[PDB]
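In the model that follows, one finds AR-42.
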2 protein chains.
Amino acid sequence: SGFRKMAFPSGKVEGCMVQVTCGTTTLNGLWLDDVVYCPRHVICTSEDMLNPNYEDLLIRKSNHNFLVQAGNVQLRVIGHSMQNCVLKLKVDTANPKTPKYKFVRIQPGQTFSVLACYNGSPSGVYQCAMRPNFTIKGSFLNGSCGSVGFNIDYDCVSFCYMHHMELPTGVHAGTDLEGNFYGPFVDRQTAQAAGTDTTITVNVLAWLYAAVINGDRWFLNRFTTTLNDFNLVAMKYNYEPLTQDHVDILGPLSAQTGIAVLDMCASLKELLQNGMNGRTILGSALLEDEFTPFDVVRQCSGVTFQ
Amino acid sequence: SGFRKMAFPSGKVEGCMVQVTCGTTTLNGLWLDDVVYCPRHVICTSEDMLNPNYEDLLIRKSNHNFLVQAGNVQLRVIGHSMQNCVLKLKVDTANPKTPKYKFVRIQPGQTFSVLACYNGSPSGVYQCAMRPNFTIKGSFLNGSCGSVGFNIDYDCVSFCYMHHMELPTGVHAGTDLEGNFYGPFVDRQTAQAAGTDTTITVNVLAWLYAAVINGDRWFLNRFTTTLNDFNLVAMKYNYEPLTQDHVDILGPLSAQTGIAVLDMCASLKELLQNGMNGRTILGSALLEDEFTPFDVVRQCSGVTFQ
Ligand SMILES: CC(C)[C@H](C(=O)Nc1ccc(C(=O)NO)cc1)c1ccccc1
Ligand SMILES: CC(C)[C@H](C(=O)Nc1ccc(C(=O)NO)cc1)c1ccccc1
């Protein structure tokens with residue numbers, strides 16, 4: 001028993017992190033097979049970042065200007081190209097530690113693990129969610145760009161995020177590994193503000209099931225509701241509308257606990273309208289929304305990765 | 001910016017995890033040099049666990065009864081011995097992935113990362129604190145015994161915890177790597193209840209400094225206090241007494257922010273007496289106490305491990 005915010009084991013990704021330097025700028029890169037992926041703003045100065053013309057800035061760069069270091073050992077760059085907002089640096093050595101991997105573009109509401117790195121070196125690992133406004137709430141300092149987010153299924157690493165930017169409001173924006181930003185954000189130091197940070201309703205419900213499985217049940221009540229009735233309350237509290245697709249996804253947790261999804265929705269409705277009254281659920285005084293239904297099933301059943 | 005509950009990169013420990021089977025019981029072991037460490041209750045049946053005589057149960061075990069598997073490859077056991085509540089299984093092959101390591105017995109209030117494993121395979125990583133009542137609040141299912149907790153400094157892994165037991169109340173108990181339990185707990189299925197779960201005051205203060213560094217400052221007020229005055233309030237709220245040693249440890253964070261430790265204590269006092277009034281601090285509605293002062297400095301400065 002016990003339910004914790006849990007990241008994937010990070011060893012498979014640790015062996016892919018390198019340092020990339022272009023001029024005065026150092027950040028992180030991801031070394032898979034004979035390609036190193038990194039944010040294209042490695043080629044910028046701090047001045048450049050206000051209005052960068054990346055195509056023009058890259059004309060002045062040659063292979064030998066990209067210094068790529070894996071631990072203490074230097075990699076030889078034999079080609080470079082820009083794909084959307086990432087650079088692909090072709091090196092003459094395939095990463096011998098390359099795991100089985102895929103590139104995936106995740107949907108808002110899905111979760112992933114971040115390996116925070118500096119100077120190509122891992123600093124820590126934590127769990128994140130792609131928010132409905134396409135930001136993530138991470139922990140990133142200067143030098144952390146190029147840190148990646150990922151999920152693992154058995155022995156295959158699905159890379160879904162690369163870190164690029166911090167907004168003035170303290171939240172974070174980045175791309176998939178094809179270099180396309182999540183949401184409307186751009187790699188320019190400008191006025192770009194995040195939209196409404198809505199709560200991921202299906203994840204809150206999954207976490208309430210996790211609470212019941214682990215013995216926290218004070219919030220269960222005698223009520224039920226309907227999708228349309230619940231969603232009137234969801235809207236008031238900036239919760240994402242619950243759909244029949246979401247109900248179906250919660251089916252397995254419903255079956256295990258014997259609590260119908262709409263009954264749990266009625267529990268959530270009362271929690272939103274009345275608050276916690278100073279009580280806690282799984283050690284939290286907030287309704288947690290960065291556990292997916294699949295996260296809960298996985299942790300409550302103890303699946304592993306080889 | 002951003003402040004997250006962050007675990008150490010787990011790759012160095014992943015390469016040390018093995019599966020240990022004795023009869024019908026399978027759990028995890030830690031393979032360092034030519035020794036595998038695991039909980040001694042691997043030799044017990046579920047019946048045995050009510051009143052086990054470990055010395056007598058071990059007489060019936062020989063080296064070849066301990067099946068030790070590293071991934072898909074079997075290790076040969078050439079000796080075994082009991083040290084306190086752990087077994088040390090001598091194998092004929094030194095773990096080629098052995099990192100630089102130490103065994104450490106941590107103090108209540110210190111934090112560490114847990115690599116949750118099943119059948120010798122990593123499942124996830126999360127951050128824990130040794131509570132003042134010598135429990136930890138983990139995420140452990142059947143099969144997770146032998147999972148370990150650790151800190152990393154540069155390239156040296158300090159192992160501090162091995163998981164052994166779940167109490168009927170849902171919290172967790174275990175040993176250091178010399179096999180001595182933290183607190184009064186024993187590896188017997190009996191009535192053993194945890195004492196008062198007091199809050200780690202110095203860690204709460206460190207987290208409040210982290211909040212200020214990251215822009216959350218609504219809780220700062222015009223007041224100050226004294227150690228003795230604060231501790232009268234700490235006692236009422238089951239907070240550990242603050243000492244001059246704690247004040248000194250917070251010195252660096254005090255210097256960086258310009259907020260005197262006793263001024264932050266006055267902010268904490270008001271938060272305890274008045275609550276959060278529906279507001280949040282670093283995404284939490286509770287006063288978080290599983291960040292140490294060293295954790296905060298580390299995350300706010302981005303130190304790494306090679
Ligand atoms: C989302 C937030 C608005 C919600 C909440 O706080 N509701 C609340 C409603 C009414 C009162 C009151 O005092 N009425 O008189 C007090 C609190 C909530 C629920 C669960 C966990 C965190 C937050
Ligand atoms: C530890 C807990 C007891 C504390 C707290 O809730 N205090 C509180 C005090 C008075 C009232 C009230 O309504 N007075 O009229 C309401 C709440 C607290 C503080 C910060 C974060 C979590 C919890």
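Chain letters run A, B, ... following the sequence lines, proteins first, then strands; residues in each count from 1. Both ligands and their constituent atoms are indexed starting at 1 by order of listing. Computed from heavy atoms alone, side chains included, the values below leave out hydrogens, waters and symmetry copies. For this deposited structure, the header notes the method as X-ray crystallography, 1.6 Å.
Going by contact count, the macromolecule most engaged with AR-42 (ligand 1) is what the PDB entry calls 3C-like proteinase. In contact with AR-42 (ligand 1) at heavy-atom distances under 4.0 Å, by letter: A.
For atom 20 (C) of AR-42 (ligand 1), a protein heavy-atom neighbour is found at a distance under 4.0 Å. Counting per UniProt domain, chain A has the most residues touching AR-42 (ligand 1) in Peptidase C30.
Protein heavy atom closest to atom 7 (N) of AR-42 (ligand 1), with residue, atom name and distance, is A:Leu272 O, 3.2 Å.
Under the 4.0 angstrom criterion, atom 2 (C) of AR-42 (ligand 1) counts as lacking any protein heavy-atom contact.
At the top of the distance list for atom 18 (C) of AR-42 (ligand 1), counting protein heavy atoms only, stands A:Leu271 O, 4.1 Å. Shortest contact from atom 16 (C) of AR-42 (ligand 1) to any protein heavy atom: A:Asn274 O, 4.0 Å. In summary, the atoms of AR-42 (ligand 1) found under 4.0 Å from a heavy atom of A:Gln273, numbered by their order in the structure, are 9 (C), 10 (C). Site of AR-42 (ligand 1) with heavy atoms closer than 4.0 Å: A:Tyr237, A:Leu271, A:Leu272, A:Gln273, A:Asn274, A:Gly275, A:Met276, A:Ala285, A:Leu287.
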